[PDB]
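Depicted below, dasatinib in association with ephrin type-a receptor 4.
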Amino acid sequence: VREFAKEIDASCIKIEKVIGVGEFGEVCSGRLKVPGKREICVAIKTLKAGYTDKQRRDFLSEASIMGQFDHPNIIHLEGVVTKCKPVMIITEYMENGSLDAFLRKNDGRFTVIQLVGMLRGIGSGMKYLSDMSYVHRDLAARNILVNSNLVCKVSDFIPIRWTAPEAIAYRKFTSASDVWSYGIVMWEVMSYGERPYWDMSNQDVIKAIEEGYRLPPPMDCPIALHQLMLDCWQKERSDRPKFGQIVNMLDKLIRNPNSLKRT
Ligand SMILES: Cc1nc(Nc2ncc(C(=O)Nc3c(C)cccc3Cl)s2)cc(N2CCN(CCO)CC2)n1
């Protein structure tokens with residue numbers, strides 16, 4: 001048996017403002033208050049006006065997939081509204097928005113241990129997804145959300161410079177190509193949201209990677225963290241660490257913080 005999205009009575013939802021817009025539709029912030037339970041802030045996603053039946057189905061599919069996941073580092077689904085129009089997907093509200101934006105607005109503001117904690121959370125969520133045979137395909141800081149307590153959660157259920165060479169060249173997407181992407185996310189985090197490969201063109205990036213180029217340590221990045229990035233970017237996908245190993249390695253760095261001394 002599979003999980004599913006719970007139906008939420010529309011009277012329990014109060015939409016407060018629009019906080020994002022896309023080609024798919026839009027996202028709002030609001031409040032959810034169910035009888036007997038404390039009010040929580042939520043995010044509310046809707047389809048573009050005039051959506052078709054097919055679009056409505058593909059939409060309620062993002063919800064059914066999300067309903068399968070219950071982990072502290074994966075965005076939490078509250079439920080759906082389907083008995084009323086328009087259709088909506090409701091999740092927890094992540095107060096600090098996307099990780100890329102958040103770090104760029106807070107350049108230099110966190111400690112190494114805080115940053116490593118964020119990476120450990122992302123890794124834990126990815127271990128959970130990969131455990132379940134899911135492949136994200138689009139792992140990047142822009143697709144991670146952050147709450148008030150700095151907890152990072154995987155969201156978003158070809159970006160060339162986040163994508164493993166075998167996924168670009170042979171369309172082979174696996175957890176191991178997600179691990180490559182995770183390495184890029186590590187670099188984004190430790191650089192406070194710099195653009196991977198800077199001004200290099202997509203073509204230049206592809207050629208450089210094939211010739212053995214890998215990104216350098218971000219400014220003031222511990223060597224141990226950069227070495228882990230390099231492990232994630234092994235050419236042969238089978239040579240990359242698994243997500244469980246990544247999390248274990250981060251846990252060991254956090255437990256033995258002197259290991260973060262060398263830069
Ligand atoms: C675009 C945006 N989202 C934020 N938080 C979100 N939490 C959950 C989100 C989400 O999309 N859920 C979701 C849904 C609903 C359906 C399917 C799949 C998913 Cl994953 S979006 C915060 C934010 N900020 C704006 C700027 N800042 C200043 C403050 O006023 C900080 C806050 N902006």
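Position 1 is the first residue of the sequence, and the numbers go up from there. Structure method, as recorded: X-ray crystallography, 1.5 Å. Whatever order the structure lists them in is the order used to number ligands and atoms, beginning at 1. Both backbone and side-chain heavy atoms feed into the values below; hydrogens, waters and symmetry mates do not.
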If I want every copy of dasatinib, which ligands or chains do I look at? ligand 1
Heavy atoms under 4.0 Å from dasatinib: which residues of other chains qualify? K17, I19, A43, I44, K45, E62, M66, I89, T91, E92, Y93, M94, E95, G97, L145, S155
Tell me which protein heavy atom sits closest to atom 1 (C) of dasatinib, plus the residue, atom name and distance to 0.1 Å. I19 O, 3.5 Å
Around atom 31 (C) of dasatinib, find the nearest protein heavy atom and jot down its residue, atom name and distance. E95 O, 3.4 Å
Under 4.0 Å from a heavy atom of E92: give me the atoms of dasatinib that qualify, with their elements. 7 (N), 8 (C)
Tell me the protein heavy atom at minimum distance from atom 18 (C) of dasatinib, and give that distance in Å. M66 CE, 3.7 Å
Identify which UniProt domain of chain A accounts for most contacts with dasatinib. Protein kinase
Heteroatom distance test (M94, dasatinib): nitrogen or oxygen, under 3.5 angstrom: yes
Does atom 28 (C) of dasatinib have a protein heavy-atom neighbour under 4.0 Å away? no
Tell me which UniProt active-site residue of chain A is closest to dasatinib and the heavy-atom distance to 1 Å. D138, 11 Å
Give yes if a backbone or side-chain nitrogen or oxygen of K45 is under 3.5 Å from a nitrogen or oxygen of dasatinib, and no if not. no
Identity and separation of the nearest protein heavy atom to atom 23 (C) of dasatinib: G97 CA, 3.8 Å
Within a distance under 4.0 Å of any heavy atom of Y93, pick out the atoms of dasatinib and give their elements. 4 (C), 5 (N), 7 (N), 22 (C), 32 (C)
Which residue holds the protein heavy atom closest to atom 9 (C) of dasatinib, what is that atom called, and what is the gap in Å? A43 CB, 3.6 Å
Heavy-atom nearest neighbour in the protein, as seen from atom 20 (Cl) of dasatinib, with distance rounded to 0.1 Å: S155 OG, 2.7 Å
Among all protein non-hydrogen atoms, which one is nearest to atom 30 (O) of dasatinib, and what is the separation to 0.1 Å? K17 NZ, 3.8 Å
Those atoms of dasatinib less than 4.0 Å from some heavy atom in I89: 15 (C), 16 (C), 17 (C)
Any protein heavy atom nearer than 4.0 Å to atom 25 (C) of dasatinib: no
What protein heavy atom is closest to atom 14 (C) of dasatinib, reported as residue, atom name and distance in Å? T91 CG2, 3.4 Å
Are there any N/O pairs under 3.5 Å between dasatinib and the protein, and if so, what are their distances?
unit_1: dasatinib; atom_1: 5 (N); unit_2: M94; atom_2: O; d: 2.8
unit_1: dasatinib; atom_1: 7 (N); unit_2: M94; atom_2: N; d: 3.0
unit_1: dasatinib; atom_1: 12 (N); unit_2: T91; atom_2: OG1; d: 2.9

